[PDB]
**Student:** 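Have a look at the structure that comes next, please.
Letters A, B, ... are given to chains in the order of the sequence lines, protein chains preceding strands, and every chain is numbered from 1. Values reported hereafter were calculated over all heavy atoms of this structure, with side chains retained and with hydrogens, waters and symmetry mates removed. When a ligand or atom number is given, it counts from 1 through the structure's own listing order. Determination method: X-ray crystallography, 2.9 Å.
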2 protein chains.
Amino acid sequence: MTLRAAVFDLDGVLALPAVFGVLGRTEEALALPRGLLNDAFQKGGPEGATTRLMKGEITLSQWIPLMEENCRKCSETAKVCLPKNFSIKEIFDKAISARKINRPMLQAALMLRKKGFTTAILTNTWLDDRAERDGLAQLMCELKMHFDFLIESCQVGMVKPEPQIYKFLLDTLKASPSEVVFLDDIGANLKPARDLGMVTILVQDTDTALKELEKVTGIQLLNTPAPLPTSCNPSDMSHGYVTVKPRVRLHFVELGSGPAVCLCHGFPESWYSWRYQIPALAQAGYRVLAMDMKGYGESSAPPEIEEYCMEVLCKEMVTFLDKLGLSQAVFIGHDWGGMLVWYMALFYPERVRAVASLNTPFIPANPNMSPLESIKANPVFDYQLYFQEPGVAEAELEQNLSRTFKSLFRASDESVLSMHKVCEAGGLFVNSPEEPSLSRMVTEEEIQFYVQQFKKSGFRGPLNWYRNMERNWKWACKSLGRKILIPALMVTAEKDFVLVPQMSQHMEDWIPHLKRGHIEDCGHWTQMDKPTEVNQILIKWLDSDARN
Amino acid sequence: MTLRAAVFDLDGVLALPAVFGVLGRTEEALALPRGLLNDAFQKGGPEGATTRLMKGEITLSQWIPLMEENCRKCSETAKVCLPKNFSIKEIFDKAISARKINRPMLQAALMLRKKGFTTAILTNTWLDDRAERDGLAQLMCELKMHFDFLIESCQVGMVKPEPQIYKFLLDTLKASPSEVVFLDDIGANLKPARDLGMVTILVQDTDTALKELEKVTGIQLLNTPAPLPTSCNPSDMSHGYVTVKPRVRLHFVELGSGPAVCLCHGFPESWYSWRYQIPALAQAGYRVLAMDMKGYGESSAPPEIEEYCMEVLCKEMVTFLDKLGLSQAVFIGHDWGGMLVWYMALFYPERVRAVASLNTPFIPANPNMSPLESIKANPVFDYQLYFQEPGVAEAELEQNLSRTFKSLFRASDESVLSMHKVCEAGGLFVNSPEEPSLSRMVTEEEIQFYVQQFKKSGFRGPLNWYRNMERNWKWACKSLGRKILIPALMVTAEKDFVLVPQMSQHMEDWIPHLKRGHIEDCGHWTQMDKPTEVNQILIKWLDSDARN
Ligand SMILES: C[C@]12CC[C@@H]3c4ccc(O)cc4C[C@@H](CCCCCCCCC[S@@](=O)CCCC(F)(F)C(F)(F)F)[C@H]3[C@@H]1CC[C@@H]2O
Ligand SMILES: C[C@]12CC[C@@H]3c4ccc(O)cc4C[C@@H](CCCCCCCCC[S@@](=O)CCCC(F)(F)C(F)(F)F)[C@H]3[C@@H]1CC[C@@H]2O
Ligand SMILES: [Mg+2]
Ligand SMILES: [Mg+2]
């Protein structure tokens, strides 16, 4: 009554198992005198080597010998001999990579931050200059995105339980002592907090710690449902810009290091449709290049229809790689991005490390029949005839941008359109609501981002993708001799009623080594409908097929 | 009289050794009947499997079995048995990675393109879907940057020596038959060219081919001096944008895949100062992020002096990594970038994969003496006192932007300034020319790029880097306990008279494993003065120390 901020210790609170645990275990393993190693660590007290380390006076690699000094003469006071193969670097290396994020604590912090809490990490830690310091660096990267502040002892020159660092914390949070909970696995670090008037929590096991936190904050933290993957705030993203042609510039969002993964969105979407998988895939060891496909967002949207036929579209993606200096990327696509992705594989497989499509099956061209005839045969594609005459489909979709996306971006059990007889009634929205309810898949804010984006170039660019049926037919017919023998994945969505899974049923004919994925209760808008299981599928397939 | 275009075959002209050579060699190795393999390759003629392959009807992996079919029954006509361990995939894999760019031909083409020729590659080649097709993909990437067109048979559905493809070529070059030379290692591909009125050259050995080309073009191609590394045209580059703070956005150019290499330029420069090493390093297997440092170019240039002290500068580079999703990058710096780079290592070594500096030595702070006193002691730093009073140094450097860079960017034997008594005379240019001659290091065009860039935010941002001596002194003093134990390089420039090499002489005290480099006849502007030997040094050290 009333907290506003949450401060989490790192070792033994946000990250487990703690590194003090690898003191005690090593001793028992080596049958060393109880303590010894822990006595060497704490040797010297406030003026000891470990306190200098934690204040950033010296680096971890400077400390290793100083720590061994302490283990040499702690063992000489008890007249004990160190073991033949002792390496305090080796012990501490293992402890550090063994340490991993305590997931239920990290969720608990997100939850509190979702509800208006100012969260921060307060940790005694070190300037890590070891050969394998990249391990911890990643751990710290993943963590810090989720907190307003990361206060490390070696960066600020102050260390727990010194009262001064707590005053720093308060000053940094811009909050009074009784407005902040501080959780830590050490009694001594809580006393100074309590003295300023802070609520503290002695963290032993994680579950009991949350109960306390839960109780004192009055917000459900334990047992809450599995939360969504990390989303992307556009202004934190790295934005990239490549001109591939006189008046064609492609825009993309970049995040991660590793093999290039190029995400190609569908109709009527944007790079932001991959908001749930950009961070995930980065995290999985990949360099995500999430595209604004030509016609959309901050990519160019030149008026000409011809500019959006698959061939020119594909060539431009090649030029995009060329200018970025990439010999390959693994292309992953959805809806129209899917179609295009498959064609990159068939026409430029030297540039495609691997290929993957959500929802969109690879269907080869029918060399006898023209596709404009085939699409009249199947009434679920009746909306595509409507999209043919330039200007008509634009007027409606632009009439009210908000209404348009709210109406489109819905789960399969939230349908608000009649699918067929679209030319019949003359409009996609004819008998649809002006102010539709907000779908469970998308917040108000996420919609308005799409709204923002389509205010630049509208729907002429996007719709033109449907206006090169004949031209793409002729092109694809050149590939009818070919097959796909590079790694390929097909993810089907049970309840995509327009890109039905049955359409993919013959795909192993032209792609014999095709791997598959399937999602129950999944509409057309796969990525925001089932982001958790999409990432799970894609990462697994990336790690197994797209690298090693 | 007069050519305007040059067309180069790939296999056996721009890339050696040719893949037909790995037909003949394999036969001799295996004591196979003369021909056999070559007979299987050409089997079927215009309607054979190999002709289908070259037209993009089928992929390379589709062709392997069809080629083995032909090697099964070519050997059965002579009643011969194939060897126990025959694998026509294995033979062709080796041939393809063994094939490498014929460097003197590639130079010859650049030269011709430098002199107004429209260059193009005309090659019979294939849709490569092998497991190891990334090898050839890179080879093709490196090549195509240097040519206006790359015309592959499998992309256009036409093959040499079909007359139609030559007509395509002419149409693509927008040039008449007698305005184009076509070089190829096969007689049959020259006849159709000659019939339209083309000049041809039968390429056997490379040297004799150039003599012919040389003779018919009337431009020195053989024996010409070692040309400069590939430079960067800004509009072909990928441009990146990250906001690291409310009103601070960092801009960078990106090229390459692999470990992150972050290039930090000096005063008064830009990302473009690394124009010679961006492509090189990309090529060496690295992902180059060439920065516009805060205060410069399309990066923000906020007025406040404090915004350019090393600490905030460094933190922002950390945030830059954070938002790009990078746990580390290898930071390489020059002049002021150098100083900053060293401090990243001392304050954030978990984020620095390795560290490197051109010219700028690491000198630790003198904890007793304030640096503003030290800089008056040494008259070569007299220009830095001049840079202290806000506004004065700006007025002069902005007075004439062209004059300013022309005056600065000069080699050591082209000096046009008096170095000391700068406060004395009151100006960097006091007794310097209004229209200086154009330095051998920089074309007119390269200067005007710098001019363009500094028209945005001028010199307030840049100069402020020199205006936090006291604040950076206090900061650096915190590191006086530390050492640098991550991989580190120091490149010294013989004739940098302001960043003299002797300044670096004690650096192994705080950086015991420091590796070194030195360049003779090298001024302060290392990168454009000696771009060839800079890349050589940096790539070697990157490959040895920054990876494996
Ligand atoms: C398989 C096919 C013959 C070959 C056709 C073909 C071949 C090559 C090519 O480049 C295009 C096509 C058209 C295709 C059209 C099939 C594409 C299937 C859809 C994949 C593209 C994007 C689906 S996107 O419009 C769904 C958006 C729904 C929605 F956004 F909610 C909307 F608001 F309703 F629009 C091929 C024909 C379909 C039936 C016929 O048997
Ligand atoms: C080593 C030093 C004591 C410590 C000083 C220090 C410590 C920490 C710190 O952050 C800054 C300094 C200032 C430094 C200043 C030394 C920096 C040497 C220059 C590296 C920074 C950029 C050189 S840049 O101005 C050259 C541009 C030349 C030019 F562009 F052509 C210009 F037009 F002339 F300007 C340290 C003192 C110098 C002498 C004294 O013994
Ligand atoms: Mg702890
Ligand atoms: Mg050839």
**Student:** Can you remind me what the drug at ligand 1 is called?
**Tutor:**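 The name is fulvestrant.
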**Student:** Please provide the name that UniProt uses for the chief contact partner of fulvestrant (ligand 1).
**Tutor:**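 The largest contact partner is Bifunctional epoxide hydrolase 2.
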**Student:** If a contact means heavy atoms under 4.0 Å apart, which other chains contact fulvestrant (ligand 1)?
**Tutor:**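 Chains with a heavy atom that near fulvestrant (ligand 1): A.
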**Student:** According to the entry, what is the source organism of chain A?
**Tutor:**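 Going by the entry: Homo sapiens.
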**Student:** Hey, could you check which of the UniProt active-site residues of chain A sits nearest fulvestrant (ligand 1)? Heavy-atom distance to 1 Å would be great.
**Tutor:**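 Going by UniProt and non-hydrogen distances, it's A:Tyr466, 2 Å.
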**Student:** UniProt domain of chain A with the most residues touching fulvestrant (ligand 1)?
**Tutor:**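 Most of them fall in UniProt domain AB hydrolase-1.
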**Student:** Can you list, by chain and number, the residues with heavy atoms within 4.0 Å of fulvestrant (ligand 1)?
**Tutor:**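 Sure - by heavy atoms, that gives A:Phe267, A:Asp335, A:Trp336, A:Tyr343, A:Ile363, A:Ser374, A:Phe381, A:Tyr383, A:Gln384, A:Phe387, A:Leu408, A:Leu428, A:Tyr466, A:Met469, A:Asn472, A:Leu499, A:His524, A:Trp525.
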